[PDB]
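In this structure, mofezolac is found bound to Prostaglandin G/H synthase 1.
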Number of protein chains: 2
Amino acid sequence: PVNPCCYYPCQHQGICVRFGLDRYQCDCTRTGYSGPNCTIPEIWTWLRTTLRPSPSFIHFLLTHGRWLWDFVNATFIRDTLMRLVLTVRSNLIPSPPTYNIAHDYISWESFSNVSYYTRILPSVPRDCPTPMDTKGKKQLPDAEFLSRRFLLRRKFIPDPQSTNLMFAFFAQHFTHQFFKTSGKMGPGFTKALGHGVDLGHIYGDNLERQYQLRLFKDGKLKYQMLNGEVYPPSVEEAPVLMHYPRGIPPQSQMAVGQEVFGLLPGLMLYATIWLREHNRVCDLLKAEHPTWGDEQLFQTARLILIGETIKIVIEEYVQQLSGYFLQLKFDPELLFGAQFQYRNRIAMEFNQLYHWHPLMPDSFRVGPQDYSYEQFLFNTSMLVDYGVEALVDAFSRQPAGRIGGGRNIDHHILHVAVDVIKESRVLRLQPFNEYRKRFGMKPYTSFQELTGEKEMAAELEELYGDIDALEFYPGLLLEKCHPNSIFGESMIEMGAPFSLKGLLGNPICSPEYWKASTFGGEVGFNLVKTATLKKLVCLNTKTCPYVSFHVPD
Amino acid sequence: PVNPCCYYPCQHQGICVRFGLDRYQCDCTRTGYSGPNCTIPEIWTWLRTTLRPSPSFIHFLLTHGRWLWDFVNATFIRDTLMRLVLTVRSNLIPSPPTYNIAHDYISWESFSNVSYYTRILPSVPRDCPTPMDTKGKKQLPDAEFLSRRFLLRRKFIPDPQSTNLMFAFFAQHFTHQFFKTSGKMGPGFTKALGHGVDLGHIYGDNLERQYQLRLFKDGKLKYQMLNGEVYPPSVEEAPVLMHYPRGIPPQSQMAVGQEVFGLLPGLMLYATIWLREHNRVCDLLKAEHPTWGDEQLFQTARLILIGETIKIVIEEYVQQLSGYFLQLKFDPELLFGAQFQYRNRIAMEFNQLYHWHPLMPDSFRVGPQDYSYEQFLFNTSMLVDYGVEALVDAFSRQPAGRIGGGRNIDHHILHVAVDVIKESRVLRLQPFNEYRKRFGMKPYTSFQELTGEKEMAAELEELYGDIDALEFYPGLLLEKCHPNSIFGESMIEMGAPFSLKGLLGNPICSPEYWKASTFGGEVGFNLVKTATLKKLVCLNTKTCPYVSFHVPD
Ligand SMILES: *[C@@H]1O[C@H](CO)[C@@H](O[C@@H]2O[C@H](CO)[C@@H](O[C@H]3O[C@H](CO[C@H]4O[C@H](CO[C@H]5O[C@H](CO)[C@@H](O)[C@H](O)[C@@H]5O)[C@@H](O)[C@H](O)[C@@H]4O)[C@@H](O)[C@H](O)[C@@H]3O)[C@H](O)[C@H]2NC(C)=O)[C@H](O)[C@H]1NC(C)=O
Ligand SMILES: *[C@@H]1O[C@H](CO)[C@@H](O[C@@H]2O[C@H](CO)[C@@H](O[C@H]3O[C@H](CO[C@H]4O[C@H](CO[C@H]5O[C@H](CO)[C@@H](O)[C@H](O)[C@@H]5O)[C@@H](O)[C@H](O)[C@@H]4O)[C@@H](O)[C@H](O)[C@@H]3O)[C@H](O)[C@H]2NC(C)=O)[C@H](O)[C@H]1NC(C)=O
Ligand code: HEM
Ligand code: HEM
Ligand SMILES: *[C@@H]1O[C@H](CO)[C@@H](O[C@@H]2O[C@H](CO)[C@@H](O)[C@H](O)[C@H]2NC(C)=O)[C@H](O)[C@H]1NC(C)=O
Ligand SMILES: *[C@@H]1O[C@H](CO)[C@@H](O[C@@H]2O[C@H](CO)[C@@H](O)[C@H](O)[C@H]2NC(C)=O)[C@H](O)[C@H]1NC(C)=O
Ligand SMILES: *[C@@H]1O[C@H](CO)[C@@H](O[C@@H]2O[C@H](CO)[C@@H](O)[C@H](O)[C@H]2NC(C)=O)[C@H](O)[C@H]1NC(C)=O
Ligand SMILES: *[C@@H]1O[C@H](CO)[C@@H](O[C@@H]2O[C@H](CO)[C@@H](O)[C@H](O)[C@H]2NC(C)=O)[C@H](O)[C@H]1NC(C)=O
Ligand SMILES: COc1ccc(-c2noc(CC(=O)O)c2-c2ccc(OC)cc2)cc1
Ligand SMILES: COc1ccc(-c2noc(CC(=O)O)c2-c2ccc(OC)cc2)cc1
Ligand SMILES: CCCCCCCCO[C@@H]1O[C@H](CO)[C@@H](O)[C@H](O)[C@H]1O
Ligand SMILES: CCCCCCCCO[C@@H]1O[C@H](CO)[C@@H](O)[C@H](O)[C@H]1O
Ligand SMILES: CCCCCCCCO[C@@H]1O[C@H](CO)[C@@H](O)[C@H](O)[C@H]1O
């Protein structure tokens with residue numbers, strides 16, 4: 001017989017449970033609905049469903065009406081709407097986490113073993129006719145052909161919203177502290193056991209590497225001096241595992257928390273910036289605490305860099321990414337009234353969703369020079385040659401690519417987009433419409449409703465055969481964008497819940513930690529509350545370059 | 001200079017932070033008070049302080065007035081007070097956890113490394129004059145002399161509240177799933193990384209041992225048949241590390257989740273009962289789910305045994321321990337309105353606090369036979385000889401010892417109480433009065449106010465020199481008891497917050513897990529909601545003996 005859970009009968013976060021040989025039951029508990037399919041709405045849910053404006057309309061209100069938002073930002077309505085964004089979006093992510101690659105049900109092993117990634121929806125069952133359930137073809141399109149035909153950049157499409165490569169390397173640096181997929185254990189497994197903003201891309205994902213990176217004097221990290229400037233130390237001075245070209249000159253390798261940050265100059269740029277910030281904070285703490293040993297000067301400075309990381313990513317990173325006239329705010333006290341679990345567990349869908357390789361340009365313009373991928377990838381001297389001031393200045397002027405819309409990935413890194421499609425089939429992710437229904441959206445009825453477009457949609461209808469068989473990552477990238485925006489509807493309504501739940505589920509946002517004694521007094525606590533990326537760069541440099549998440553006018 | 005934090009200046013959960021060379025500041029954030037010492041009360045805190053009845057008066061209301069509580073238990077007030085018990089006590093435990101043996105401050109390492117135990121108050125600083133801070137003698141009393149003079153049983157003092165040895169072996173079995181102190185790593189470190197009711201004393205504290213114990217058929221655990229009765233399997237059949245006498249006959253060893261459960265017959269009694277329960281639940285799930293594999297039948301049955309463990313410990317274990325006419329209730333839905341973190345981290349003070357060795361009798365009466373410690377400790381055939389029916393029947397009739405009051409530990413196990421005092425000095429626990437102030441109680445002004453007694457109090461005043469130098473564990477055990485009760489005030493107000501936070505901080509109590517689909521439908525979910533210890537015994541036996549947490553009339 002056919003597995004009935006292949007039909008995805010349970011609506012609105014209902015739980016399909018097989019009974020007997022061939023039957024099933026949906027668990028409608030606290031879904032807001034009742035009935036066999038969990039489709040009979042309750043009274044409050046019906047009222048809030050008919051009074052619910054569409055996400056595109058909300059994007060219209062938040063991106064227009066500048067006279068209104070100048071009033072909203074100057075009053076308490078800013079705090080009210082910020083609390084609304086946080087609670088409504090993070091309510092949509094399960095905490096405690098539910099499933100993983102091993103278990104399509106709730107288990108103690110899925111809870112306690114943090115080596116897994118979690119997942120929002122279950123896998124497609126093994127006994128389904130179609131690889132995506134019941135609708136579609138008996139085999140799926142070629143990932144190389146989908147990437148070549150629909151995701152490959154032909155002409156560079158710049159982000160209309162003004163996004164930097166300073167933004168894009170910040171997004172690669174920031175997201176690789178909780179995206180470390182284990183090559184040994186396989187897909188669905190992670191080495192980043194913090195599952196969030198722990199800065200394990202700076203201090204290491206385990207304790208032994210952390211002690212290999214620490215100076216053990218004044219709480220500082222180890223470092224080396226080149227041309228009078230502070231850089232991460234050599235692997236000869238900090239002997240820990242760093243991926244590099246086989247046959248480099250170590251004594252020119254640099255040791256940082258993330259094993260792969262040597263492979264790109266912008267990633268080692270940010271690692272240099274944060275290391276300089278760590279030791280500056282250590283100087284500020286030691287001035288105020290002469291009695292502290294090495295551990296307390298270290299751990300409190302780590303908490304300061306964690307806090308100012310979340311400050312910068314909410315009020316500048318997500319601010320630039322949203323385009324909102326509403327000025328976003330990082331205040332953990334906004335959640336002190338609600339029931340909010342201060343935990344995070346990285347989802348595999350959220351790993352699929354941060355493949356923002358369209359941000360990468362055709363070439364890397366640094367002043368008068370223009371470097372190709374072969375000149376930029378794996379390059380080891382460009383950081384020390386130009387300096388952090390000059391690479392921040394050059395990356396904050398070059399435009400980044402638009403994420404959504406399709407057909408904007410360079411061919412040098414298009415292979416990544418290929419593997420993430422193939423990995424999406426290994427992990428048995430559900431169809432794109434099922435993730436739209438899970439994150440509060442209506443499924444698409446046709447491919448041309450997806451793309452807003454005639455050619456690609458019809459060729460996709462030849463490849464997939466049904467809209468209900470479209471895969472997750474191609475659906476996120478081939479979706480139509482909101483007008484003059486970085487990406488489209490599904491990247492909004494799926495990416496924001498994971499990202500904000502990951503930012504305020506950090507325990508430093510809890511009532512138990514969010515106080516001045518945690519950060520060594522009012523000095524470090526105002527370092528968290530006052531952090532910009534301009535202060536992250538220009539306080540750790542000799543000159544202050546142009547530093548921003550957007551291009552200049 | 002003298003460390004000012006040695007004086008413990010910060011009151012009401014204030015945080016002592018050293019500034020400069022010799023000064024300090026208290027962090028009064030969300031303490032309810034303000035001022036330099038955090039002693040100036042706010043308006044609401046003053047109102048709730050003057051309107052706060054004493055804990056002894058609350059114990060009087062909860063243990064008397066049977067006509068009133070017969071009305072309360074039949075109405076919604078039972079649900080109201082239970083919510084009040086849960087929210088008020090667990091609010092007193094920090095979640096996320098704060099400190100550990102390494103860090104007397106908040107750190108990311110204290111958060112993420114679950115190998116540590118946590119601690120509620122910081123350690124006594126190393127630069128204090130007195131080992132307990134500032135008040136007391138330059139060295140502390142001999143732990144062997146305190147145990148011999150004040151904790152050693154002379155005549156058996158039975159619990160006036162009626163407590164079984166079925167209770168006491170349940171308390172030893174239950175608490176050794178989150179009390180596994182690492183001999184390799186030392187004090188302050190634990191092997192039980194679940195930090196709560198994970199049943200790792202049944203399924204193992206790591207995954208490899210878990211697969212060594214699983215049958216991998218129908219989700220069951222491995223087992224062996226002796227005299228027609230189901231027992232845990234031999235180590236020859238389940239080859240995993242089990243502590244036993246060097247030179248036993250394995251093929252008569254039994255393999256269970258906890259490495260030390262072979263050393264006592266009552267611990268292996270409970271492990272036998274829970275193993276029979278696991279495979280019974282596997283039969284019930286397989287009847288309803290013919291399609292499930294081995295993993296889902298296993299993990300959901302584990303969640304059923306976790307849930308019915310918490311049901312039994314709240315509505316029978318803590319019920320018998322309290323003596324309340326208020327009938328306690330396990331309903332996680334009581335906390336769905338509040339802000340409650342579904343996490344637990346075992347504290348070292350709570351480890352100090354569950355040393356209930358006074359419960360153990362002078363001898364172990366089994367029917368007509370009466371076994372000594374040398375006949376009962378390490379004995380390997382008594383379980384299979386009498387059977388679980390007969391040992392449950394015999395343990396539910398023999399009285400257990402009163403915990404509080406002092407002078408009630410048998411000499412066979414008095415050495416444990418010695419080491420836990422010495423360990424209390426290794427961990428640098430603060431004085432007993434400081435934990436009274438931390439858990440919402442006034443400190444004692446004298447030793448005779450502590451004991452309600454003349455002789456022991458004066459000899460303690462010769463040994464310690466000041467009431468403010470009394471240690472934690474001796475203060476808990478030498479305290480006066482509430483009238484006709486198992487122990488005294490400080491064991492109430494310290495033990496209940498850890499214990500209830502540990503019971504409902506389990507993620508199965510969260511809104512995300514507490515539903516029927518988690519337990520495989522209404523069958524297992526009613527197995528959680530209907531579990532008694534009589535059902536835990538008599539459904540897994542041929543005959544139903546007397547099974548209770550209290551002696552018969
Ligand atoms: C988070 O989860 C992951 C994934 O679950 C964990 O990583 C995996 O851990 C697995 C177990 O440690 C491991 O799988 C094993 O599978 C094969 C086959 O397993 C055998 O199991 C029993 C064992 O029988 C043995 O008995 C004797 C006793 O002494 C042994 O010497 C002898 O070798 C014999 O096999 C057999 O009954 C059965 O038939 C199988 O033969 C093992 O051989 C493997 O070596 C492996 O241990 C798996 O590889 C791990 N990795 C992955 C990617 O799955 C991870 O540990 C967990 N994290 C935490 C913190 O718990
Ligand atoms: C939870 O926390 C606990 C407690 O912190 C963790 O358990 C402990 O982990 C510690 C580190 O893993 C371990 O302490 C070590 O102490 C010293 C460390 O000194 C090292 O460094 C110096 C100098 O640097 C050396 O480094 C290079 C590297 O290649 C050497 O070759 C070279 O010789 C150079 O000098 C040396 O003096 C020293 O040789 C060390 O390299 C070591 O001597 C110890 O052996 C140990 O490694 C501690 O023992 C652990 N246990 C306890 C009870 O503290 C636990 O890991 C953590 N859990 C998690 C999950 O993170
Ligand atoms: C020159 C620029 C870049 C290069 C060379 C590059 C290269 C790669 C490669 C080779 C992988 C491994 C894929 C696989 O093993 O199948 C990867 C994964 C990934 N990429 Fe990039 N990428 C770049 C830019 C970016 C940017 C700007 C982001 C921004 C978010 C990003 C996000 C990711 C993520 C999240 C992963 C998954 C990591 C993991 O699973 O551990 N990439 N990238
Ligand atoms: C015949 C009965 C008992 C014996 C022989 C016994 C023996 C021991 C021993 C030898 C230790 C180790 C102490 C050390 O290494 O310093 C210990 C620890 C402990 N005992 Fe028992 N005990 C008994 C009864 C109980 C009971 C009924 C309880 C009920 C709660 C209990 C609670 C504990 C706890 C919580 C620990 C700490 C465990 C750890 O830190 O890993 N004991 N006991
Ligand atoms: C719940 O969903 C299932 C599957 O979507 C529905 O089952 C289908 O019902 C139609 C009409 O009776 C049948 O023609 C199909 O054969 C059914 N499919 C399966 C797999 O059972 C079911 O009707 C829905 N529940 C309700 C109340 O409408
Ligand atoms: C890595 O980047 C450095 C930039 O310092 C490259 O070296 C420069 O190359 C450009 C043109 O290729 C020259 O105009 C500069 O004068 C060079 N400067 C130095 C200091 O060498 C280097 O070629 C890059 N690596 C690779 C492999 O291309
Ligand atoms: C806060 O607590 C500290 C310590 O209990 C108080 O400081 C003591 O004050 C007395 C009274 O003058 C002195 O004799 C001691 O020498 C002080 N000790 C220390 C370590 O400073 C302090 O007075 C309290 N704060 C207030 C406002 O009373
Ligand atoms: C372990 O317990 C068994 C009981 O099952 C003990 O054996 C009994 O000993 C008593 C006297 O001590 C006899 O009256 C019984 O007839 C014995 N029964 C059996 C089946 O042998 C045994 O002695 C205990 N172990 C130790 C070391 O004392
Ligand atoms: C995919 O990675 C991310 C990261 C962050 C967000 C995110 N978090 O909060 C907000 C504000 C909000 O919730 O609306 C947004 C957002 C919203 C609209 C928007 O339009 C382009 C861009 C970003 C979303 C996805
Ligand atoms: C030390 O180990 C424990 C374990 C459990 C509790 C505990 N948890 O909830 C309640 C009810 C309550 O909160 O009052 C109690 C309790 C209260 C009074 C009481 O008098 C003898 C005995 C137990 C306390 C300590
Ligand atoms: C008028 C300005 C309102 C700002 C509040 C916006 C935050 C609410 O955001 C809402 O989150 C839901 C769940 O993720 C989505 O389903 C909705 O489409 C989206 O608008
Ligand atoms: C209360 C003030 C209401 C002003 C009406 C704003 C109209 C916004 O209209 C929006 O335009 C978008 C395209 O640009 C569409 O995609 C949205 O569905 C639509 O609601
Ligand atoms: C240190 C901050 C103290 C604030 C809360 C007081 C701590 C003790 O709160 C406890 O609540 C229990 C709930 O029923 C009562 O039974 C106890 O009498 C009471 O002591």
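Letters go in sequence order (proteins before strands), and every chain restarts at 1. All heavy atoms count here, side chains included; hydrogens, waters and symmetry mates do not. Counting starts at 1 for both ligands and their atoms, following the listed order.
Location of mofezolac, all copies: ligands 9 and 10. Other chains with a heavy atom closer than 4.0 Å to mofezolac (ligand 9): A.
At 4.0 Å, heavy atom to atom, the residues around mofezolac (ligand 9) are A:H59, A:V85, A:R89, A:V318, A:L321, A:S322, A:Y324, A:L353, A:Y354, A:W356, A:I486, A:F487, A:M491, A:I492, A:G495, A:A496, A:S499, A:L500. In chain A, the UniProt-annotated active-site residue lying closest to mofezolac (ligand 9), at the minimum heavy-atom distance rounded to 1 Å, is A:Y354, 3 Å. Of all heme b-binding residues UniProt records in chain A, not one places a non-hydrogen atom under 4.0 Å from mofezolac (ligand 9). Numbered N-terminus first as in UniProt, transmembrane segments of chain A showing a heavy atom closer than 4.0 Å to mofezolac (ligand 9): 2, 4. With a cut-off of 4.0 Å around mofezolac (ligand 9), no other ligands or ions are picked up.
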